[PDB]
Student: 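Before my questions: this is macitentan bound to Endothelin-1 receptor.
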Amino acid sequence: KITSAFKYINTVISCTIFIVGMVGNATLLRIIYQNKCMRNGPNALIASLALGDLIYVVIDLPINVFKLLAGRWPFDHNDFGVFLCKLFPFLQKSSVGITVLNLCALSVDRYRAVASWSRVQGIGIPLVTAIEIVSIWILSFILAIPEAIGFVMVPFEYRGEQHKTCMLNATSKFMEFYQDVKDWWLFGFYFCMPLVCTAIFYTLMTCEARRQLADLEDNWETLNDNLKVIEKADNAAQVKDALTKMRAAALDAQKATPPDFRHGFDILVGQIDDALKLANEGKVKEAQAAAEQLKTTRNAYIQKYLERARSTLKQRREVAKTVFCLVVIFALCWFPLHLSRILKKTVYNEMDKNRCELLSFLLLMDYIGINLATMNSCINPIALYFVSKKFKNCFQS
Amino acid sequence: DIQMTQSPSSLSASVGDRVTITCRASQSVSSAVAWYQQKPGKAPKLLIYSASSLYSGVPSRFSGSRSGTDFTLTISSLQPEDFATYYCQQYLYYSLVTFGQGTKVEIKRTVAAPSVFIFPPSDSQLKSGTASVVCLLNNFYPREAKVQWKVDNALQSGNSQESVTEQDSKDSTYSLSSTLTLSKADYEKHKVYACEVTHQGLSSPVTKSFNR
Amino acid sequence: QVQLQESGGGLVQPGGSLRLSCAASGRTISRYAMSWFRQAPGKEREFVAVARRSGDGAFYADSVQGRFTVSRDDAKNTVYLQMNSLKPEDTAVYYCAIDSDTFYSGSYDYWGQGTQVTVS
Amino acid sequence: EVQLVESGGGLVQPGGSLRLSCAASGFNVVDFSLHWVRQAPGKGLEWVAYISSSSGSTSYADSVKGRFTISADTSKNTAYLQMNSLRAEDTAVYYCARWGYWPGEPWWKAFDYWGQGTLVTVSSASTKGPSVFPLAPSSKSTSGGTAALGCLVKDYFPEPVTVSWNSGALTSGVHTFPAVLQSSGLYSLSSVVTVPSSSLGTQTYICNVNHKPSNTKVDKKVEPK
Ligand SMILES: CCCNS(=O)(=O)Nc1ncnc(OCCOc2ncc(Br)cn2)c1-c1ccc(Br)cc1
């Protein structure tokens, strides 16, 4: 038999999650725009996530706590209480829609972050990102529409008194059959699409980032090795072959160079051409001197280009790590309740002899599974503080 | 040194189809390849740069693509002006320039068997000092055909010359001529002459014969 | 010593669709080209269709162009001939043949047994 | 306008000498490099030699090394190719071409403008007129159907030879095959017609043969044996 002790536990953890999730989101929203060197594409989406959670925690928690302390909804005997029976599902599901769609947009943006890595960007929030977040907000709000309608306050009798209880009651055929498929709708929209999309896009990113670096290493290594071969050559044929390989390498490396370094590659090709001409004329030593002339240009321009490129791609990845860590934490938090509801609907059998005690267990786990989902609303700040490695200094400052 | 290969030697395609020609490089040249078109009795003119780049004035149907050391030229619509020979060239450096063998594009038709005629040598020919026997194949598609000479039921190799004709614009067909040249003793001591023809449209080889 | 056999045939109403498959064993058939021949009384071994090496093309005579279609399957070493919108004059015995030259000279040495098709 | 012209072609004996000139209008030759390309009769395209007059850098092909020399003249804006000690396989059509310099797009522009081309042929045979011979059919040669007549021209050494039927009257169903090179060194050619009636009604069928370099006019009469 369920006791009131678990009710007190629920109300105290609700009061705690309120405090934990309020100030953290508030301070993240303060930071995202207070510091000048902070605003960019993904950070605006993170701020949208935080605001979507903040609305929920600032509106819905202080009615849930009372509903648990008492046994009735607020304002049952007043007409205005009718309004505060349809906002509750609307906000609570709009928040989740916003979060899921924002995570998917982050995954797509992070994949585009390395698909034309040569191309450089500017500063501030891009033009497309603002309309993207507006579209996400409006689409989530619109998709959340079929939950507020039909949620009616139904009368009931207790102790010889007529009171109200808020529930979904049939009104029309479409929402009647919607009352029978919405459970599958939630599991297929808020849990199936985002995980698959993020996993699929994550793998494509991992593939691209890998090849590029391999191509860069191949070009640099073939340059160095052919220079080493020419250093101690003996005949014109080998010098010509090695210089041909070096010219092909220089052209292929320049093709991948974004628009200072292009001037360096043009000078490199010019010196290679001079060496090739001297070799073709029929001399060896002059070719050796011309090849030796390449060392200064190699040690002045190309090394710095290789350094920067590697370092930049390191940074690009860190951002992907924070995004997909958020995705995995969301999936972990939201899995248990959906599994519990699906299993209760499907595998539960009325004819089972031991169906009571099992249910006595099952309800209990569900009575925490819901709570787990709620905790997600306040897990975003802390996870950002131990992962981003840049929000750490922002919070400390 | 840097050899470069074209796979399809000849294409038979009609108006309104797409064609794809692949050129393969031996070494690993960069995107430095170029495509050229040549029509009979004229100098080449070029279409595609850097393995994907259109020239100024060339129609936008021609497209090029690169993948490693494989290069592809694609045409989406075959206008009648696009029946010529095409070449792929690499231009990595001035003294390393290599050309492909060439791909010829021709019109498509329906298979037709050749008609075979023979002509014995003339009196003036046999009084001049040398004799020639000619036999002729007419109005066949496709081009591939074979002709065999037989004298006294004995096969002969050499002394046979073959001439072919381009596609006739009226009907898109061919003609072929085989001439066999002999001295006076060679034509006089032997008795029986014949020429036989084999084509993809023929059930069995067709032979035509004459004596003296 | 190459053994070749083809299936299909019988009585088919006008306008119907028929498929005939010719298969063989004994050589590497994927490097050759195969042709179809049609024989009817009063006609001496007309030609119908031919399928060349993969990546080259297929050719047809004037009497069967459009209605028919020849296809190649080098994995199973088979050729397929699909015919539709038939006419009463089609009624004949069909033979499969495999050439002998890689330059498509046109020498025919191995000939099949043929299948009988009647319509109308 | 940008234009290239070539000159210096003709007939030479084996081991002879020749000098070809390539002139350019519309641009200076010091801003470009000049290349020569060769196409053998009925073969592919082949590279021969190139020159750059900004730095005076020249190079040749392995099969033509030691016998060909290339030079440029910036005063007259021209390029010159001198050939000595030629052999049989040196008969072809020669083309001039331009190529840009490295630092920028013009290098990627490859060969832009081609010349017209010059035909160079080497041989060890004199000039002589041809002989015309008949090709008559038999009475059993497709009786009641279609017959074929022919005239055969042999042993001539121009490049072109003109053949006409009935002084340009009959044209339909006539095709003449390209000339082929005999073993000795002269040329042979044939012409055939496919008229369906061999009756004495309209059987003039005169083969008119014109050989301009030897200024030879020949009329050939055919007759069904
Ligand atoms: C009549 C009750 C509502 N109708 S219900 O019973 O069908 N569903 C639920 N009932 C109770 N608590 C729920 O979630 C609690 C946590 O909510 C939340 N939202 C945003 C953020 Br950030 C963090 N935590 C859901 C629920 C189910 C599916 C989805 Br998707 C969203 C919410």
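Below, chains carry the letters A, B, ... as their sequence lines are ordered, and counting in each starts from 1. Side chains are part of it too, since the values below use all heavy atoms of this structure and drop only hydrogens, waters and symmetry mates. Numbering of ligands and ligand atoms starts at 1, following listing order. How was it done? The header gives electron microscopy, 3.3 Å.
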Student: Where do all copies of macitentan turn up in this model?
Tutor: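 The relevant parts are ligand 1.
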Student: Counting non-hydrogen atoms only, which other chains lie under 4.0 Å from macitentan?
Tutor: A
Student: Would you mind telling me which transmembrane segments of chain A have a non-hydrogen atom under 4.0 Å from macitentan? Number them from the N terminus as in UniProt.
Tutor: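 Per UniProt, and measuring heavy atoms only, that is 2, 3, 5, 6, 7.
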